[PDB]
**Q** 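Below you will find the structure I want to go over with you.
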Amino acid sequence: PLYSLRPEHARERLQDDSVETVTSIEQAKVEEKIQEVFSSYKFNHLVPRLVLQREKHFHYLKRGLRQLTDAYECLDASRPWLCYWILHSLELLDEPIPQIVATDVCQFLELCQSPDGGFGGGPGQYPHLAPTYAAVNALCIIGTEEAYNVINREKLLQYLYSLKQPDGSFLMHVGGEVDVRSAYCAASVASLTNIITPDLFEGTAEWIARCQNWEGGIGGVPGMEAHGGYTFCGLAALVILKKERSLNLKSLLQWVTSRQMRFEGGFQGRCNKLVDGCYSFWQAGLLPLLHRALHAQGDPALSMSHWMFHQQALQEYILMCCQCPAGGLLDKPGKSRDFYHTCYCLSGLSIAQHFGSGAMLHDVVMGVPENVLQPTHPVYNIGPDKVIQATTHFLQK
Amino acid sequence: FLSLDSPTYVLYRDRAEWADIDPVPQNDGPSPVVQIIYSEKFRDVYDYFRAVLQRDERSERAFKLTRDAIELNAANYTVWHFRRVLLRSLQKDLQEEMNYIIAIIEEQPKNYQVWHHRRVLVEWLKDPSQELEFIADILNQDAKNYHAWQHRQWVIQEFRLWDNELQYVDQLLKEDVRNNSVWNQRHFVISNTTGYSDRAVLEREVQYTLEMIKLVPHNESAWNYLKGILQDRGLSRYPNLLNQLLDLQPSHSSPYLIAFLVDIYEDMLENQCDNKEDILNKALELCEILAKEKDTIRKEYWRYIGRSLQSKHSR
Ligand SMILES: Cn1cncc1[C@@](N)(c1ccc(Cl)cc1)c1ccc2c(c1)c(-c1cccc(Cl)c1)cc(=O)n2C
Ligand SMILES: [Zn+2]
């Protein structure tokens with residue numbers, strides 16, 4: 001029937017070796033809950049029963065894109081994201097953006113953009129790289145020359161240069177601090193716009209690699225526990241910089257793959273920590289990357305039909321434990337809907353349904369064939385088509 | 001000097017202290033997108049903050065205004081900026097301001113902007129005299145709090161305060177040996193104090209790591225550690241290991257043991273060992289018990305291992 005429900009799967013529950021600790025107790029609550037979930041779909045299963053709520057998830061997006069309750073008030077200084085998550089989630093789900101909505105959106109990001117480069121959390125806020133990767137990403141999703149011309153490439157590049165450090169690391173914002181993520185931001189942004197001077201990323205390939213530790217993963221700044229949010233940013237940033245090899249790619253693959261939960265099906269963000277909503281892109285979203293590298297080196301043992309993670313199980317998770325009836329997707333069962341996971345669960349699912357490396361193109365679509373999501377580029381997490389339109393456009397300046 | 005939350009709180013609009021200054025509304029444009037329907041208490045504060053900010057008013061009244069803007073959205077980096085500005089010109093007593101920041105962190109241990117501020121202060125004063133007690137208190141509520149650990153490695157490296165860290169490490173490891181963050185913090189204190197090159201230390205760690213495995217066999221931490229401090233010089237370079245693990249094998253099995261042995265075989269073949277073919281099977285055999293039974297979720301991967309080995313150690 002379904003991996004998550006095969007009888008033998010009951011043999012994949014946590015074994016605390018009769019030694020209870022806080023981590024054990026907490027992971028126990030999770031498996032047990034996620035058990036009821038797989039188990040209710042064990043009193044019926046009549047027609048195709050794992051359906052992605054296209055429409056419910058659509059009102060959600062459709063609306064928040066124009067107005068948010070007073071809830072998302074702490075996102076007050078991070079609105080560009082709100083523009084990205086939503087336009088990328090609409091994109092995946094396959095909903096066109098009214099050519100009107102686009103201009104309206106191009107007009108907003110316009111107001112955030114700093115007179116010295118980069119974008120702020122909202123109109124009239126200092127430039128920072130999180131909202132800047134969001135803006136450029138959201139504007140490239142829109143892909144109209146209106147969107148593309150919003151970005152002031154010169155001031156974009158000066159700004160990036162003002163965050164640069166001697167050791168090849170980028171400050172998150174002026175005065176702020178530096179973690180791997182800031183690098184992935186500067187590159188992802190300076191990439192699509194085609195604004196990479198020859199010495200812009202010097203020493204960054206190096207500084208990023210310095211964040212990989214004994215686990216095989218990557219942490220925020222050297223010496224930190226391995227983490228999926230950062231591990232993605234590290235590699236994808238390096239993949240752009242064409243230095244994937246600068247990493248011990250083998251201990252990485254070994255770390256990522258081990259992070260998927262044998263019982264839950266989804267990925268955890270750090271060894272010995274709960275499964276989670278996203279991480280269906282921050283983690284699983286890495287295997288597409290490692291493939292390109294392992295294959296860029298030659299390595300003839302790479303499957304031609306699948307990623308190197310259990311796709312069936314991940315989809316069986318996102319579709320069966322993260323969808324809120326109301327709409328949008330969750331962390332883990334009973335954790336509240338939010339435009340952030342609403343995006344990274346749809347991005348991870350897409351990653352878990354879409355395989356291709358070269359001429360080979362093999363998809364797996366758990367649930368109903370209507371759950372077939374739109375492809376998403378593993379590095380910039382935006383339509384692989386929009387990536388092309390972006391560069392192809394800017395690579396003429 | 002009121003408080004955002006006192007039942008006696010009053011908007012800045014209905015205030016005397018702020019009568020002389022026009023608030024500045026937001027500019028979402030003619031046709032707003034992903035616009036928030038701010039409450040009326042929230043909107044108020046910021047309209048009056050923009051104002052201060054917009055005129056760069058380094059005033060003692062605004063200084064406190066920023067404390068309310070911070071509390072309404074502590075992820076607002078712009079406001080946090082304008083506060084350090086006011087702290088330095090107004091010349092506010094940074095130790096009184098340390099007591100402030102100690103408070104917000106206790107209230108929102110998961111903000112990335114609220115710890116940076118505390119990092120700014122600590123280096124602004126050159127004083128780590130507290131910190132570690134603080135950091136321990138936060139991690140005592142959530143021991144896998146990323147920022148805390150990060151800010152704790154900072155305070156340790158920057159002020160060479162190692163000493164009792166491996167000590168703290170051992171403590172937390174008792175409280176929950178599954179705390180993967182403490183197995184990291186541990187490698188942080190060791191590779192920077194004595195490294196692992198030292199035969200005695202690398203030996204001390206491996207026994208602990210081993211007697212820790214035997215205690216809680218399915219804990220994946222004590223495994224990634226014994227696999228990562230050894231895979232340094234080469235997992236293949238330590239003979240006696242590959243056996244002992246085959247000893248724990250019955251009453252301590254788990255794909256964390258079976259996986260480990262595969263890792264060992266792989267390196268052995270890599271350092272051109274004996275019984276070549278024989279080992280090359282002891283591996284592909286284990287790749288299957290795992291890919292097909294003991295660790296199915298990872299099947300697609302344990303097959304790559306299998307095919308990778310065959311294509312590179314049999315022909
Ligand atoms: C650490 N984490 C894991 N899952 C969720 C979270 C997070 N603690 C978080 C914190 C910092 C960063 Cl840079 C990324 C993610 C979290 C938790 C809940 C959240 C959001 C973020 C975010 C959010 C806000 C800005 C950027 C990003 Cl990437 C996420 C929005 C939101 O509406 N909700 C409910
Ligand atoms: Zn999450």
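Protein chains get the first letters and strands the later ones, always in sequence-line order, with residue 1 at the start of each. Just follow the structure's listing: the first ligand is 1, and inside any ligand the first atom is 1. Looking at the header, which is where the method is noted, we find X-ray crystallography, 3.5 Å.
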**Q** So what's the drug over at ligand 1?
**A** tipifarnib
**Q** Trying to figure out what tipifarnib (ligand 1) is stuck to here - the chain with the largest number of contacts. What's it called in UniProt?
**A** Protein farnesyltransferase subunit beta
**Q** Find all other chains that place a heavy atom under 4.0 Å from tipifarnib (ligand 1).
**A** A
**Q** Check for other ligands or ions less than 4.0 Å from tipifarnib (ligand 1) and list them.
**A** ligand 2 (zinc ion)
**Q** Is tipifarnib (ligand 1) close to any UniProt-listed (2E,6E)-farnesyl diphosphate-binding residue of chain A, that is, with a heavy atom under 4.0 Å, and which ones?
**A** A:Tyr279
**Q** Write out the Zn(2+)-binding residues UniProt gives for chain A that lie under 4.0 Å from tipifarnib (ligand 1) by heavy-atom distance.
**A** A:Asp276
**Q** Which residues would you count as binding tipifarnib (ligand 1), with heavy atoms within 4.0 Å?
**A** A:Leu75, A:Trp81, A:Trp85, A:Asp276, A:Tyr279, A:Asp338, A:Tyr340
